[PDB]
Amino acid sequence: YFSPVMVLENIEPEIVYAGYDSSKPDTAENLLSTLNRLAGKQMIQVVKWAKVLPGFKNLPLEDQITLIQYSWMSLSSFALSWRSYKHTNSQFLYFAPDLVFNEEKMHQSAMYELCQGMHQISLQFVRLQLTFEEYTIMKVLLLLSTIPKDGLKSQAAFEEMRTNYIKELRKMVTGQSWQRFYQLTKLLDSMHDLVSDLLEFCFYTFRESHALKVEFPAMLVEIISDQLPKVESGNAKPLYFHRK
Ligand SMILES: COC(=O)[C@@H]1CC2=CC(=O)CC[C@]2(C)[C@@]23O[C@@H]2C[C@@]2(C)[C@@H](CC[C@@]24CCC(=O)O4)[C@H]13
């Protein structure tokens with residue numbers, strides 16, 4: 001099918017600034033609009049990364065779009081946990097160098113509980129001493145973790161790619177290694193529940209954005225308008241390593 005982990009380490013997207021205006025009041029609307037703007041900028045980086053991801057090009061365009069749209073909150077939250085771990089030892093939420101959340105910002109954002117939920121994942125990175133090589137493979141697995149309930153256009157092509165990256169994770173964890181592999185698959189599975197709550201809040205603010213004064217960039221409007229009716233109608237199928 002394929003040293004893909006070496007390629008993953010090298011294609012990691014660069015630093016994305018939030019463009020946070022600290023001279024503006026820290027209302028929920030101002031913080032959430034900055035977070036949405038940062039998400040749009042990161043989503044362009046996700047598309048550029050995916051294009052050069054080994055095996056991703058073999059999937060038809062429709063499937064590439066489906067995977068990117070279904071997984072955007074997963075990839076985004078996992079990278080946030082990584083940045084938080086690497087740059088603050090998971091003491092804060094490192095959204096961007098110019099936007100680091102402390103307790104004050106967690107409360108002001110009107111997402112305190114969702115923020116604490118995120119902080120728990122970054123705290124697991126500390127507990128496990130997650131490595132950069134493990135992180136990069138796991139991020140690919142999150143891109144491939146949610147599919148249509150009736151499957152993709154080229155389901156066989158997708159399963160081959162996913163299976164091959166799971167094999168890369170197993171080779172990477174290796175004096176006993178099975179223990180580590182299951183610790184990593186348990187972490188990946190726990191992302192689906194967190195992502196459900198994050199999407200619930202995102203969908204809510206999207207449905208009445210002006211009413212709440214929350215701004216969405218064009219990129220997020222497009223993704224969310226497509227994703228929201230699919231997720232809410234049960235057309236999304238989260239893939240679990242270990243059925244709950
Ligand atoms: C703790 O929340 C988050 O951090 C997640 C993950 C994430 C990490 C990043 O590093 C980029 C930003 C995103 C995508 C995100 O902050 C934006 C704003 C999102 C889309 C939010 C879930 C709900 C919200 C709030 C307001 C809205 O409309 O939806 C995301």
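One-based numbering along the sequence shown. Atoms within a ligand are numbered from 1 in the order they appear, just like the ligands themselves.
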A.B. asks: I'm looking at ligand 1, any idea what drug that is?
C.D. replies: eplerenone
A.B. asks: Tell me which macromolecule has the most close contacts with eplerenone (ligand 1), using the naming in UniProt.
C.D. replies: Mineralocorticoid receptor
A.B. asks: So, going by heavy atoms and a 4.0 Å cut-off, which residues UniProt tags as aldosterone-binding in chain A does eplerenone (ligand 1) reach?
C.D. replies: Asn36, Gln42, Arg83, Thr205
A.B. asks: At a non-hydrogen distance cut-off of under 4.0 Å, which region of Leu80 contacts eplerenone (ligand 1) (side chain, backbone, both, or neither)?
C.D. replies: side chain
A.B. asks: Which of the progesterone-binding residues UniProt records for chain A come closer than 4.0 Å to eplerenone (ligand 1), counting heavy atoms only?
C.D. replies: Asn36, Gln42, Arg83, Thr205
A.B. asks: Quick one: does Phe95 get a heavy atom under 4.0 Å from eplerenone (ligand 1)?
C.D. replies: yes
A.B. asks: Which atoms of eplerenone (ligand 1) are found less than 4.0 Å from any heavy atom of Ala39?
C.D. replies: 14 (C)
A.B. asks: Provide the UniProt domain of chain A home to most residues in contact with eplerenone (ligand 1).
C.D. replies: NR LBD
A.B. asks: So is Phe216 close enough to eplerenone (ligand 1), meaning a heavy atom under 4.0 angstrom away?
C.D. replies: yes
A.B. asks: Show which residues surround eplerenone (ligand 1) within 4.0 Å on heavy-atom distance.
C.D. replies: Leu32, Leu35, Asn36, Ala39, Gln42, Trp72, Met73, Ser76, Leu80, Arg83, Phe95, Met111, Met118, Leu198, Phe201, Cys202, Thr205, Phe216
A.B. asks: May I have every N or O pair linking eplerenone (ligand 1) to the protein at under 3.5 Å, one per line with atom names and distance?
C.D. replies:
residue               : atom   : partner : partner atom : Å
eplerenone (ligand 1) : 10 (O) : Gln42   : NE2          : 3.4
eplerenone (ligand 1) : 10 (O) : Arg83   : NH2          : 2.7
eplerenone (ligand 1) : 28 (O) : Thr205  : OG1          : 2.7

